[PDB]
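The next block holds one structure in the form of structure tokens; read it before the comments.
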Protein chains: 2
Amino acid sequence: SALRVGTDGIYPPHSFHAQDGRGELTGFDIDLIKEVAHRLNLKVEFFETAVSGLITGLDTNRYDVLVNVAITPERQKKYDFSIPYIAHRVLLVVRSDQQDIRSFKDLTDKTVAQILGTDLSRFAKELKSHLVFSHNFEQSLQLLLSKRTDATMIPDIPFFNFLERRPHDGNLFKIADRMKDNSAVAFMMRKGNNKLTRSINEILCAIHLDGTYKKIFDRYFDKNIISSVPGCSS
Amino acid sequence: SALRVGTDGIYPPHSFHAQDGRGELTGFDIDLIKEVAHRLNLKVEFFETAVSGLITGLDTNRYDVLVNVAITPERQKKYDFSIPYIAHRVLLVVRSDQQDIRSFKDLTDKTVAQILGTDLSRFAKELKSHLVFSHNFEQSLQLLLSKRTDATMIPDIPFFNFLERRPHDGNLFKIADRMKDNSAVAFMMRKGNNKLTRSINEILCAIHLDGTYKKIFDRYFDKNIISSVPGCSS
Ligand SMILES: O=c1[nH]c2ccccc2n1C1CCN(CCCC(c2ccc(F)cc2)c2ccc(F)cc2)CC1
Ligand SMILES: O=c1[nH]c2ccccc2n1C1CCN(CCCC(c2ccc(F)cc2)c2ccc(F)cc2)CC1
């Protein structure tokens, strides 16, 4: 009788460990679901797995929520999302020196860092890019920096997180494209968790209504740069 | 076998009638659910009632969807919302001449136009305001203009709609307060329509992904002034 939350804890600021990776699990999503869990009156047990096994871990019932999941028609068929609680916009980031990559269409025939088992990996593959698989967003970016790849497609959130922690690197990159729309991020439960979904929804609304959402989002993102979703009424 | 959508058709640009109130039902929400309906492969039958009976009409099974419903904890207990498809921010509007209404707390002991049977009506009443009940947002505004009331709390959407249709009337007001957050607006179905909800959700995602949402929202609101929700991925 706890909320079994899957993550991979190497993705600041969503889900990372304090004290330079050595301490307790922390992050925007983590504090949120933990916050969610407390009001729902439930202990939380985490399970850190690699992203490539994340959804697996949910089909295979080894936990009940995933966090930081982009809403997708594909997933919306097979799963239940909570209400969106944050949004990302997907950037095509390159080295500032970069020349010929001006849109996603241009990723064909260039070398790209994407995280194996992610839609952006499947995208980069579709475009007939040359994939170099990273184990999270820090490495995706470090690979771009190390000339090992020419580009990566990464959300705004991790990528501006990176410009914070490592600010001298905030000049060594550039955004050469973003997606037309931004994308909703929601918790993801197996289909049928109808009951648990709505509770999450109610508590998220409470968390919005009483200032909590604002404290939590404020602890992690720059309000001028990352997009929140709408709040609740009453 | 059709999607029974309740509305009140005197609320531009959400749900109004073409040709100055003489023609077919039209509006942002209306086109959307109609659009939703077509993809879900369903005719749509409308039912115009007054706002005060709207939720009644849904408890009483005389229709299956309400549109332009603000999410609230209260309603989220008793109903199913779709994913949010737009947001409003609630303005405290007064005559430009006004001086002493600087916040919601200041509505106590002044005379307010709100629409009977609405949360904002219940708000104005709680604050110990002096209520003068309007039929819709146009009259609530016209009552403010006619000195019959000192203020109204109204969403941004209707109120900027009004400044559009009637630009000669659009300098004679001012915003003396808005709420902390903006609020999510969603379709509202009876509890249990679990299946229909998710479908609406899938189609809303499709409607986002392929530019539809953008055409529809563009026909009705100013993108710089009204808030959209986040889009979908893929
Ligand atoms: O549809 C999309 N457009 C995208 C544009 C950019 C990046 C991903 C994008 N996706 C999805 C790609 C795969 N994914 C798997 C779930 C894990 C989720 C997560 C993250 C951290 C955590 F702790 C627990 C669960 C996650 C989110 C972003 C990721 F890059 C990788 C994995 C969800 C998002
Ligand atoms: O939560 C909120 N904040 C508010 C600020 C002002 C007034 C009401 C506000 N309510 C609720 C109050 C009552 N109500 C019942 C249905 C009317 C609904 C509607 C309108 C037109 C239509 F065609 C179908 C259904 C509606 C939705 C948004 C509005 F701005 C006004 C009325 C739902 C929204």
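The order of the sequence lines fixes the chain letters, beginning with A. We're sticking with the PDB entry numbering for chain A, so the shown stretch reads 8-241, in order. Throughout, chain B uses the PDB entry numbering, with the displayed residues spanning 8-241 in order. All values below come from the heavy atoms of this structure, side chains included, with hydrogens, waters and symmetry mates left out. Ligands are counted one by one from 1 in listed order, and the atoms in each one are counted from 1 as well.
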Molecule at ligand 2; choices pimozide, temsavir, oxytetracycline, chlortetracycline, copanlisib: pimozide
Greatest-contact chain for pimozide (ligand 2), named in the PDB entry: Putative amino acid-binding periplasmic ABC transporter protein
Other-chain contacts of pimozide (ligand 2), heavy atoms, cut-off 4.0 Å: B
Site residues for pimozide (ligand 2), heavy atoms under 4.0 Å: B:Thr14, B:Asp15, B:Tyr18, B:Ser22, B:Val58, B:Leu61, B:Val74, B:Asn75, B:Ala77, B:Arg82, B:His95, B:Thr125, B:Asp126, B:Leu127, B:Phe144, B:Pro162
